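Read through the structure below, which is laid out as structure tokens, and then see the notes.
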Amino acid sequence: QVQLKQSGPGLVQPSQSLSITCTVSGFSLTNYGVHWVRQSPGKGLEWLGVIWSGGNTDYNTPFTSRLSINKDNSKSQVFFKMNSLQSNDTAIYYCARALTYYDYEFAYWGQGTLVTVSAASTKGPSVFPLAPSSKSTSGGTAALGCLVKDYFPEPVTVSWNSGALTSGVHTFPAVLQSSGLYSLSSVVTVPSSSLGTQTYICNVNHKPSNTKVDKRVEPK
Amino acid sequence: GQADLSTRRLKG
Amino acid sequence: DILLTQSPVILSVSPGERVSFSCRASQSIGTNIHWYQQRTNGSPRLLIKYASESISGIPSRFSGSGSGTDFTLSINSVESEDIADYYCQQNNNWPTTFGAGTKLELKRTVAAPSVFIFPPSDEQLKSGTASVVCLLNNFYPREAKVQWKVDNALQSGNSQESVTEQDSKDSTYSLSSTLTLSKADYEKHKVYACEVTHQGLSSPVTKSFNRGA
Ligand SMILES: *[C@@H]1O[C@H](CO)[C@@H](O)[C@H](O)[C@H]1NC(C)=O
């Protein structure tokens, strides 16, 4: 029942600042320090700093002047704030808790927060069906999918039939198009005979633009 | 060798 | 800061085999090293703390050793679900630092891709763009060629590929090739074909459709 949940992924403009909330449960901020760790293309896993039980903070050397960590013990919330972001601050940001109150053995992690630094605007995606067909069958097995196109920034979550359908699902890594917008597909293979009985819906969520689309996918 | 954004995994 | 070097960057083993991850430190760090597993879309998962100590919920097949500068993360009998990245962390010296990681991939028998092609939806054609998608599903090894042809014209530069990480259950990959066209170009031609080449196919497989049917 120990958990850390972070605020949603988002875009930040160059030189602007980054704010993330880590809400914890199954323990008390008065008893444990919360650490912040990011993971970037440039530097991999990188420890950023910590807020201790009693409110003291330590910040990693290159972040002394642009990092502030605060908390609200009663609300079980820890607040991370970093100023003056540049492109190479694009990274997944994590809060984490150690096993023991004073240590650095990170046993519990938040789900991460993908932060993109860019001057671009947020754009929600269009969802298009990848319809099952004769040219999409294979010995009693049909492939079908969703094309999630022209969004920014990453990430987008896709699930099938509201979480209920997982077997045979592949959600591909997003590719960056020349437009500078991203695109990905998510596919699933199902029995051909279930195409008449079962409904198939990809649930698309692009949190940075708050775009939620449920796309029904049918034989054409 | 490096962390990939689209993958959340190492890629080359 | 203490530099941690993980070698090699990539490990490829068959299931049931033993596998060692190496992590070397730029000066002695005693036994103050922790190891993590990171799966696709996952947060780091703590496997071993202080070089050799167990963690609740981590399978017994994971263990670690070493002291000073040379450490090993061991999986004695590797399973398909161990497909992940593995990191080491030192905390003998402030600030705690992480190695760059080692990728663990599994070997398995050759598996030919199942190939499926999808015309652009009429929905998308309204927007003025056409995407043609070719899916290569559940194959091994990763290397594959997708060739696009429109009315026998070779397509080049106007497609993009994405490949899933290795599946944790069956150790296969899947690949999508998206050919992108203007609607105008799309409505100007009839035959859309993707030809797939792979080690598991005795000859290339072509999936095609005619715009319309
Ligand atoms: C980003 O750029 C700065 C220089 O402006 C550099 O010191 C830093 O190491 C770079 N990489 C990351 C991941 O911040």
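Chains: A, B, ... assigned top-down by sequence line. The numbering of chain A matches the PDB entry: 1-220, in order. We're sticking with the PDB entry numbering for chain B, so the shown stretch reads 1-12, in order. Numbering of chain C is taken from the PDB entry, so the residues present carry the numbers 1-213, in order. These values consider heavy atoms only, across backbone and side chains, with no hydrogens, waters or symmetry-generated copies.
- The drug occupying chains A and C is cetuximab.
- Using a 4.5 Å cut-off between heavy atoms, C/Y87 touches chain B through its side chain atoms alone.
- Considering heavy atoms only, the chain of cetuximab (chains A and C) with the most pairs under 4.5 Å with chain B is chain C.
- Heavy-atom pairs under 4.5 Å with chain C (cetuximab) peak, among B/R8, B/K11, B/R9, at B/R9.
- Only the side chain of C/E165 comes within contact range of chain B, with at least one heavy atom under 4.5 Å from a heavy atom of that chain.
- Listed options C/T102, C/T164, C/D85, C/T40 were ranked by heavy-atom pairs under 4.5 angstrom with chain B; first place goes to C/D85.
- Lab note: binding site of cetuximab (chains A and C), heavy atoms under 4.5 Å, is B/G1, B/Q2, B/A3, B/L5, B/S6, B/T7, B/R8, B/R9, B/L10, B/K11.
- This PDB entry labels chain C with the name Cetuximab Fab light chain.
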